[PDB]
K.L.:
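Looking at a model with digoxin; I have a few questions.
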Amino acid sequence: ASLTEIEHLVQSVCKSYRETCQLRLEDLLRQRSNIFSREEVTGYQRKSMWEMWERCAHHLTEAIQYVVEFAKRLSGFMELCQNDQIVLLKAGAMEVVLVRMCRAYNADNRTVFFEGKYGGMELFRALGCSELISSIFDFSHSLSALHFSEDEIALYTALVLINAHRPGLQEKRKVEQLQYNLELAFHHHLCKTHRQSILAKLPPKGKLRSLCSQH
Ligand SMILES: C[C@H]1O[C@@H](O[C@H]2[C@@H](O)C[C@H](O[C@H]3[C@@H](O)C[C@H](O[C@H]4CC[C@@]5(C)[C@H](CC[C@@H]6[C@@H]5C[C@@H](O)[C@]5(C)[C@@H](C7=CC(=O)OC7)CC[C@]65O)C4)O[C@@H]3C)O[C@@H]2C)C[C@H](O)[C@@H]1O
């Protein structure tokens, strides 16, 4: 590929992200003022783990669907054999969900957008997995510190998915070729935007992988 083609890849990854990002960043930021009352919090805390599980599983499944749509629009992803498409989404979709969450997270008050309003980790109490929710909130907290642009998320999450080191891949060389082009697309766009500094500030490789493992 040439540099003009990599620019086309950047714009295309950024486009596919915008068309699949679930909620507009605009709306998410506007709603930061809209916070669950103490009574609303208590309403969530009173629900059984079973109701909370059902709701959360629904929102998660929905988010994963958007991730799958995003991957399907990535260049060459549809050209991969069905086995590798599945391998890559299985290992990487949840990781993408967790990176995308940071757009919906307000570090000023450690709250997250959930079912129309912002709420803290205590909203999820009935699930009885406070270590997990706190680790999910803390990861969003550290990502929010970097002020990820929409295009940085698009390109970074394309790379979370297109990773030739996933076990079980059958056409490893094809995935590699896609990965290298996306790596150069990312580096090149950071240089275009004077954002080279975020490279050293990214989650250490394995952090994201192990947070979704025990999940
Ligand atoms: C490990 C132990 O787990 C024990 O049960 C567990 C397991 O079954 C696992 C089970 O997973 C939950 C849990 O992970 C929490 C999880 O909670 C979900 C809802 C809350 C989330 C914080 C979270 C992460 C994505 C995040 C949502 C909130 C949404 O509004 C978003 C902000 C939304 C938006 C994005 C955007 O850009 O705009 C809006 C899309 C998704 C979103 O990014 C997923 O929902 C999942 C279903 O939690 C149970 C308690 C049993 C044993 O003790 C076992 O040994």
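The residues of the chain are indexed from 1 along the displayed sequence. Just the heavy atoms: all of them, side chains too, but no hydrogens, waters or symmetry mates, feed the values below. Counting starts at 1 for both ligands and their atoms, following the listed order.
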K.L.:
At the binding site of digoxin (ligand 1), which chain contributes the most contacts (name from the PDB entry)?
P.N.:
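It has the most contacts with Nuclear receptor ROR-gamma.
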K.L.:
Around digoxin (ligand 1), which residues have heavy atoms within 4.0 Å?
P.N.:
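Going by non-hydrogen atoms, it's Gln22, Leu23, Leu28, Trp53, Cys56, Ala57, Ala63, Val97, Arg100, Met101, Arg103, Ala104, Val112, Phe113, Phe114, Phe124, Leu127, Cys129, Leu132, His215.
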K.L.:
Distance under 4.0 Å to a non-hydrogen atom of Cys129: what atoms of digoxin (ligand 1) satisfy this?
P.N.:
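What qualifies from digoxin (ligand 1) is 50 (C).
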K.L.:
What is the closest protein heavy atom to atom 44 (C) of digoxin (ligand 1), and at what distance does it sit?
P.N.:
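Atom 44 (C) of digoxin (ligand 1) sits closest to the protein heavy atom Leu60 CD1, 4.3 Å.
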K.L.:
Could you tell me the residue and atom name of the protein heavy atom closest to atom 17 (O) of digoxin (ligand 1), and the distance to it rounded to 0.1 Å?
P.N.:
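Checking every protein heavy atom, the shortest distance to atom 17 (O) of digoxin (ligand 1) gives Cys56 CB, 3.7 Å.
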K.L.:
Could you tell me, atom by atom, which parts of digoxin (ligand 1) come under 4.0 Å of a heavy atom of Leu28?
P.N.:
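Within the 4.0 Å cut-off of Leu28, digoxin (ligand 1) contributes 38 (O).
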K.L.:
Look only at interatomic distance and state if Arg103 has a nitrogen or oxygen under 3.5 Å from any nitrogen or oxygen of digoxin (ligand 1).
P.N.:
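Yes; at least one N/O pair falls below 3.5 Å.
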K.L.:
Just need the protein heavy atom nearest to atom 39 (C) of digoxin (ligand 1), so name the residue and atom and give the distance.
P.N.:
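Atom 39 (C) of digoxin (ligand 1) sits closest to the protein heavy atom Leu23 CD1, 3.6 Å.
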K.L.:
With a cut-off of 4.0 Å, which atoms of digoxin (ligand 1) are near a heavy atom of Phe113?
P.N.:
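Answer, ordered by atom number: 28 (C), 29 (C), 30 (O), 32 (C).
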K.L.:
Give the atoms of digoxin (ligand 1), by number and element, whose distance to some non-hydrogen atom of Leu132 is under 4.0 Å.
P.N.:
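Under 4.0 Å from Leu132, digoxin (ligand 1) has these atoms: 14 (O).
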K.L.:
Considering only chain A, which UniProt domain carries most of the residues contacting digoxin (ligand 1)?
P.N.:
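The answer is the UniProt domain NR LBD.
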K.L.:
Please state which protein non-hydrogen atom is closest to atom 9 (C) of digoxin (ligand 1) and give its distance, to 0.1 Å?
P.N.:
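For atom 9 (C) of digoxin (ligand 1), the nearest protein heavy atom is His215 O, 4.3 Å.
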K.L.:
If I apply the N/O under 3.5 Å rule, does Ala104 come out as touching digoxin (ligand 1)?
P.N.:
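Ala104 vs digoxin (ligand 1): no N/O contact under 3.5 Å.
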K.L.:
With a cut-off of 4.0 Å, which atoms of digoxin (ligand 1) are near a heavy atom of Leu127?
P.N.:
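Those of digoxin (ligand 1) that fall under 4.0 Å from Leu127 are 50 (C).
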K.L.:
What's the shortest distance from atom 24 (C) of digoxin (ligand 1) to any protein heavy atom, and which residue and atom give it?
P.N.:
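Answer, as residue, atom name and distance: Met101 SD, 3.9 Å.
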K.L.:
Numbering the atoms of digoxin (ligand 1) from 1, which are under 4.0 Å from a heavy atom of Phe124?
P.N.:
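Counting from 1, the qualifying ligand atoms are 20 (C).
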